[PDB]
Visitor: 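Sharing a structure with you now.
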Amino acid sequence: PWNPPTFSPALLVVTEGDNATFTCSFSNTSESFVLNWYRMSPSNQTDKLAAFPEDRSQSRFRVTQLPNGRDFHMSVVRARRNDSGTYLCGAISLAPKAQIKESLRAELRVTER
Amino acid sequence: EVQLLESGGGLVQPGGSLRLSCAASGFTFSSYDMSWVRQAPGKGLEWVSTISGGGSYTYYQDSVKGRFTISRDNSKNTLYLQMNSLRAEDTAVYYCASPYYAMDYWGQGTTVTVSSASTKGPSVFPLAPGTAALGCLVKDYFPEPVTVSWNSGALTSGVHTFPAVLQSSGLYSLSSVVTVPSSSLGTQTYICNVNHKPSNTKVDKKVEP
Amino acid sequence: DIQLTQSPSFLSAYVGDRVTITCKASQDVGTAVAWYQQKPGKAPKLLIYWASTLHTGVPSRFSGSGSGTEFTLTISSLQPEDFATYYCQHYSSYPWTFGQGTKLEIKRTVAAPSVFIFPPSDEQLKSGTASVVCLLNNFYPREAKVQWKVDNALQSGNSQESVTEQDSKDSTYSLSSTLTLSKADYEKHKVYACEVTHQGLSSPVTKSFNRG
């Protein structure tokens, strides 16, 4: 089995206009996976911000795989006050079994400059 | 634009081998799974094989295990299917596809035919006739296709040319029919025009009472 | 490993109708289910994945539902371009499997076939073979049964059928059945008959000829 991804830091504070970077950490059992970045909407619904690999049928929300293979930067570029909210990552294995596993949720606070 | 383009399908004898390829564009090839899916004549879709983005993981339908090998060349954006020890029931259109969760992108397919039959032109026979029916029987040809017209295309209303059927001999046959007013049989001439390009067979057959 | 069975295999409806196609899995596949549309001569197109997610660029009249073993594709109101074959697929584990396909066809009024029988030509008989052809023309719906009887003897194993797609202007089908005998066997018998059954007829229709 593979463990649900971790998502850090649990609380990330930045000033409006700067970038905010979470790290999603995930070790898969095969080469077939999609890693998704979400923000919680009103009504407890996930809004997909970005994906690795990208959805080919589809820019402030970016995912970068780090060289150790298991760590991924998930970055809000030029964060806004209204980017404040709850974020998480979801890992989807596609082989040998389709499985969806969410991380614990983290908070982003974007402060007034 | 994501695009996938297959090549390599054709005619091969039972027990023989064939290599298919698929060229991809519009995405970072090595980041995505790739697959083959096939469709036998008149049947539904069947998944054949999947290969992971990096190529290390391969998965196969049980009936092709030990006979088919999927591979990829990530430096050339190309997917391959090596098909050995081919069987009659491997006859199908083969589609290249790319799974993301489901297969969101597909090629146009390439046709593979596994048969011992050899090239043969059809024999054309009349189906002789207030509505009358008449037609032409186009029998014992290989490979597909044949084309049929009536009166060099002047007769199209009421024409039905049936899908070819594969006979136990390994040859194909079909019929083409037309319904006409019974009174027309005395004032009109009906000629079916058959072309089987693999054998250079161009036949015209008058159909009369 | 996991089987998918769609119901029905063939469905006729009118433009504007709600259509419901079901897909039953032989074991739990979670929500790892997709639906595709395929038209003749073309590759499948993805409609729905994760059993209810509408794919980008797909019309909103398509929706999917279900989890576990029972999945549904719904077209809320049918349009002419929607007449096609639809396939469910799971990707829960390998092997991936598809349902058998549901062909969505244009509904119309019942029409009985016009039936014609054709003896073999003298030319073919010289070649050592006799093909006898029975034509069922312009009928609806597609279900029909053809039996061959030779001097009252019901034939088995020596006939093949072929059916057209729905006609573009009247939405009917036509069907050929071909009985194949050797010349020697053909000349042993006298009465060749094809017996046709169809919903548009109150009883079978028999078309026959007496050889020579």
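Lettering follows sequence order; numbering is per chain, from 1.
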Visitor: Trying to figure out the drug at chains B and C - which of dostarlimab, aducanumab, pertuzumab would it be?
Guide: dostarlimab
Visitor: Which chain forms the largest contact interface with dostarlimab when counted as heavy-atom pairs under 4.5 Å, and how does UniProt name it?
Guide: Programmed cell death protein 1
Visitor: I can't find it - what organism does the entry give for chain A?
Guide: Homo sapiens
Visitor: Against chain A, label B:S98 side chain, backbone, both or neither, depending on which of its atoms sit under 4.5 Å from a heavy atom there.
Guide: both
Visitor: Does any heavy atom of chain A fall under 4.5 Å from the side chain of B:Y57, the backbone, both, or neither of them?
Guide: both
Visitor: Which chain within dostarlimab makes the greatest number of heavy-atom pairs with chain A at distances under 4.5 Å?
Guide: chain B
Visitor: I'm looking at dostarlimab in this structure - which UniProt domain of chain A has most of the contacts?
Guide: Ig-like V-type
Visitor: Please identify, among A:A51, A:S32, A:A98, A:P96, the residue contributing the most non-hydrogen atom pairs under 4.5 Å to chain B (dostarlimab).
Guide: A:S32
Visitor: How would you list the epitope of dostarlimab on chain A, counting residues with non-hydrogen atoms under 4.5 Å from it?
Guide: A:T29, A:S30, A:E31, A:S32, A:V34, A:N36, A:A51, A:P53, A:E54, A:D55, A:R56, A:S57, A:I92, A:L94, A:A95, A:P96, A:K97, A:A98, A:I100
Visitor: Hey, which bits of dostarlimab touch chain A if I use heavy atoms and a cut-off of 4.5 Å?
Guide: B:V2, B:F27, B:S31, B:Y32, B:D33, B:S52, B:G54, B:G55, B:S56, B:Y57, B:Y59, B:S98, B:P99, B:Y100, B:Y101, B:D104, B:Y105, C:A32, C:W50, C:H55, C:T56, C:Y91, C:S92, C:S93, C:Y94
Visitor: Report the molecule name of chain B from the entry.
Guide: heavy chain
